[PDB]
Student: 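Pasting in a structure now, in structure tokens, and then I'll have a few things to ask.
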Amino acid sequence: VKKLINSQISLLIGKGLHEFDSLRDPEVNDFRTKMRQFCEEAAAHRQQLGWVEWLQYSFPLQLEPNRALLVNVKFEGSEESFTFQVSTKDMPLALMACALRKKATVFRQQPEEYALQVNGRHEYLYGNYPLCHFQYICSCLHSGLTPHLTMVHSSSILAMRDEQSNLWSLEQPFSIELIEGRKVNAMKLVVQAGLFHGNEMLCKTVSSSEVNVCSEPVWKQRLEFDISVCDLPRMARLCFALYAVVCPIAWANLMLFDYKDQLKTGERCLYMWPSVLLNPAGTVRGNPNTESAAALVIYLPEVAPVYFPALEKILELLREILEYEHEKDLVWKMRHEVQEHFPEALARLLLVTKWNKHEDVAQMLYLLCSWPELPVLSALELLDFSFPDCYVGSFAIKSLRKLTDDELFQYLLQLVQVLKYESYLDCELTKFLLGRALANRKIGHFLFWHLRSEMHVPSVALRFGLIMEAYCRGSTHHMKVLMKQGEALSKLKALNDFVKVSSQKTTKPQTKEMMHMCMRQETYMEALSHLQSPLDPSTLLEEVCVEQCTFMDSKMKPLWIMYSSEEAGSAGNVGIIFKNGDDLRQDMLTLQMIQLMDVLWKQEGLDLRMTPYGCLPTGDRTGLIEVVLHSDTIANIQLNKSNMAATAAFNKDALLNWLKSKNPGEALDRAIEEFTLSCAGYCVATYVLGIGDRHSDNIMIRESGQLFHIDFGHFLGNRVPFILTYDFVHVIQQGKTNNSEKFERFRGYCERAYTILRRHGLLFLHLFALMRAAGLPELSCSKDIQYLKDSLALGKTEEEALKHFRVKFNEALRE
Ligand SMILES: CC[C@H](Nc1ncnc2nc[nH]c12)c1nc2cccc(F)c2c(=O)n1-c1ccccc1
């Protein structure tokens, strides 16, 4: 009934729906009701999409950011295949008319009625783009492999669709009364309060009296702030630090206006969070661990039922050098000049805006509502917490709406982290994310896992749980596809626990055949088979190949799980790596950032042949990593074993002999080149990102020659030199001792890659800035972000920045 759906939702999101109701919170109840209706409405929009439109929804196109190729095409019901010779400039439709024509001239006698599906993948070829513009067609073109497509009729596509159906007056100073407190430590106690607007103070901080530490203390003391009530901005938050003195203890935050714009009065009790002192960016909701949390009771005086004013009320109420408070000055009362001729300097203007005086806010807000929509880049900036105003927030979302799904996919990790800055449940960002997720099934997929992966974190468990419930309201079908994934994940965790225990008392071979017998149980085989990969929903994991599964007998004992699809061929031969105990958040950001570099590089005609493999936290220190097959570790290669084709007279030849043995004849030149581009790319990626501890065990190489890094762990120096491994350098130089020709080719690739990224330095700064919200220990300060600015060197000219890169590069061929 409606009871099955709720029950599955509770199971899927890892928090029982009954818990939301137990809260008796009308903000929560109104979110669940408003957002439910919102998502149910998208669902009904979706179930009457035209078949091409539904293809777009469910299998969005994977495009790259003259020549002839061999193609193989069949139909759904058939087993019979045709192999054609088409161009690369040919549209998909051209391909489809060929297929249909030979179907006639084989079965005896309209392209528009079909789409092309990659065999064994939820991925399709359609639209007026030449074949080479397709990522699948491209991967094939570089691996020598032949594309395998299936002609799928609009009437079967329609089947899939249906299958998935379902006030200014108050001029007295702001003051609170600090009543009591409720938990203990070790000395005297102090409560520091601060009115904050984002990260800036609306006035001086105000402390309290000192009382003896034990208790359950009592102040009943009146804290009054240097700020009038009528000047409290909408998004103003009051922040408390509780600590000790002759020693940090707890913090807690509260909005002065509720989620209904009403100014807060009366007494409220604050269940604090443990520290290490004021913490303005911390969540504005209480600690859910009410049992053992210090509690802070305060009283907000009832200054009359005063609402924050409607906007209609609010609206009625040398300089280019800069592109000091003798500089703000001229930005602010030349504000109109900034709207006229510098509409992109909005951020700067909002920053010199004093937010502690209401009639200033109104004049900014008056300019804001007439402000021309801004570029995505600028928009990404405005989402930062340093622009806490809810109207700036809406402007930002509004300027963000022109995000393509690819861009949105690319930035989604950040946007999701920014949810932790939000002051209320119901907000524009969330509505924006659910709207986009419901419009694109891949976005939906990853929005879900980013939220799901943090349900063990109580700061966000409620917000994130609510958001997943709403989404689940929007696609009952995808919810079940997603449960399917989580039943797989649940199994791998129990499997991994077994292997960990087993391997502490048993040889590896015997634990492996033990792992296998466990996988062979009915329960496992069913749960682990026939799902979409959480790493990429267009990858289908069909039959788990048990004999090819194993584990690494290192540390966390990660699992190696292989799959096959008797209908995808070699494209269905795919693996996933499950790891439990390590924190995979660091690696996901790094590999996301490397993916972006790769895109930026490729849009300026530079392909450094990167391997940005999937990496996905799915839970508390739990996740999946994408298996890159036909690759081996440098360390393994460098072992220089006997009886191997790669066996070498000098250790430095090992890497190259291995390459020769995998790439005989004139195949060899291609692999050196791939090695060269990919090494260039990774050297630069790790330098900019400040990723040290790079060694032969966390660098791998593909039989094609491509090199790629793994297990990044940290980034941002937590100052890393550029590095150059002589062993890589001597693959690049083709085995030859000196080879400036081939060494400077590579120097060029490094420089070109470096300068290209430099040109997009603002994008990386904006993205990393928003990631501060994620709570990665490597990404906290301003000196973390300063690290990126120096590795990209944006405080300098392209000419002299290149000169600084050359010295570090040259210092790096030290070895
Ligand atoms: C750490 C190196 C390596 N990591 C990776 N191997 C393949 N694709 C990857 N994608 C990300 N990390 C990728 C690895 N990771 C594993 C993880 C779990 C279970 C395992 F058996 C392995 C394993 O055997 N290797 C391995 C080692 C030496 C050669 C070949 C593969």
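We count residues from 1, following the sequence as given. Quick check of the header: X-ray crystallography, 2.4 Å. Atoms considered below: every heavy atom in the structure, side chains included; atoms not considered: hydrogens, waters and symmetry mates. Both counts, for ligands and for their atoms, begin at 1 and track the order of listing.
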Student: So out of cobimetinib, samuraciclib, lemborexant, idelalisib, carvedilol, what's the one at ligand 1?
Tutor: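 The correct choice is idelalisib.
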Student: Could you tell me the main partner of idelalisib here, using whatever name UniProt has for it?
Tutor: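 Per UniProt, the chief partner is Phosphatidylinositol 4,5-bisphosphate 3-kinase catalytic subunit delta isoform.
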Student: Extract every residue of other chains having a heavy atom under 4.0 Å from idelalisib.
Tutor: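 By heavy-atom distance, those would be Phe551, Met552, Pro558, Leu559, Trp560, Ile577, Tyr613, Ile625, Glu626, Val627, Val628, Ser631, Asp632, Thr633, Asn636, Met700, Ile710, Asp711.
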Student: Run the numbers for me: atoms of idelalisib, each under 4.0 Å from some heavy atom of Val627, listed by number.
Tutor: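 Here the atoms of idelalisib in question are 8 (N).
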Student: Would you happen to know the UniProt domain of chain A where most contacts with idelalisib sit?
Tutor: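 The UniProt domain in question is PI3K/PI4K catalytic.
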Student: Using a 4.0 Å cutoff against the non-hydrogen atoms of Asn636, which atoms of idelalisib qualify?
Tutor: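 Reading through idelalisib atom by atom, the close ones are 28 (C), 29 (C).
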Student: Just jot down the idelalisib atoms closer than 4.0 angstrom to any heavy atom of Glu626, in number order.
Tutor: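 Near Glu626, the atoms of idelalisib are 8 (N), 9 (C), 10 (N), 11 (C).
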Student: Below 4.0 angstrom from a heavy atom of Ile710, which idelalisib atoms are there? Numbered from 1 as shown, please.
Tutor: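 By the 4.0 Å cutoff, the relevant atoms are 1 (C), 2 (C), 4 (N), 12 (N).
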Student: Looking at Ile625, which atoms of idelalisib are within less than 4.0 Å of one of its heavy atoms?
Tutor: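 What qualifies from idelalisib is 10 (N), 11 (C), 12 (N).
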Student: Enumerate the pairs of nitrogen or oxygen atoms, one from idelalisib and one from the protein, separated by less than 3.5 angstrom; state names and distance to 0.1 Å.
Tutor:
{"from": "idelalisib", "atom 1": "8 (N)", "to": "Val628", "atom 2": "N", "distance (Å)": "2.9"}
{"from": "idelalisib", "atom 1": "10 (N)", "to": "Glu626", "atom 2": "O", "distance (Å)": "2.8"}

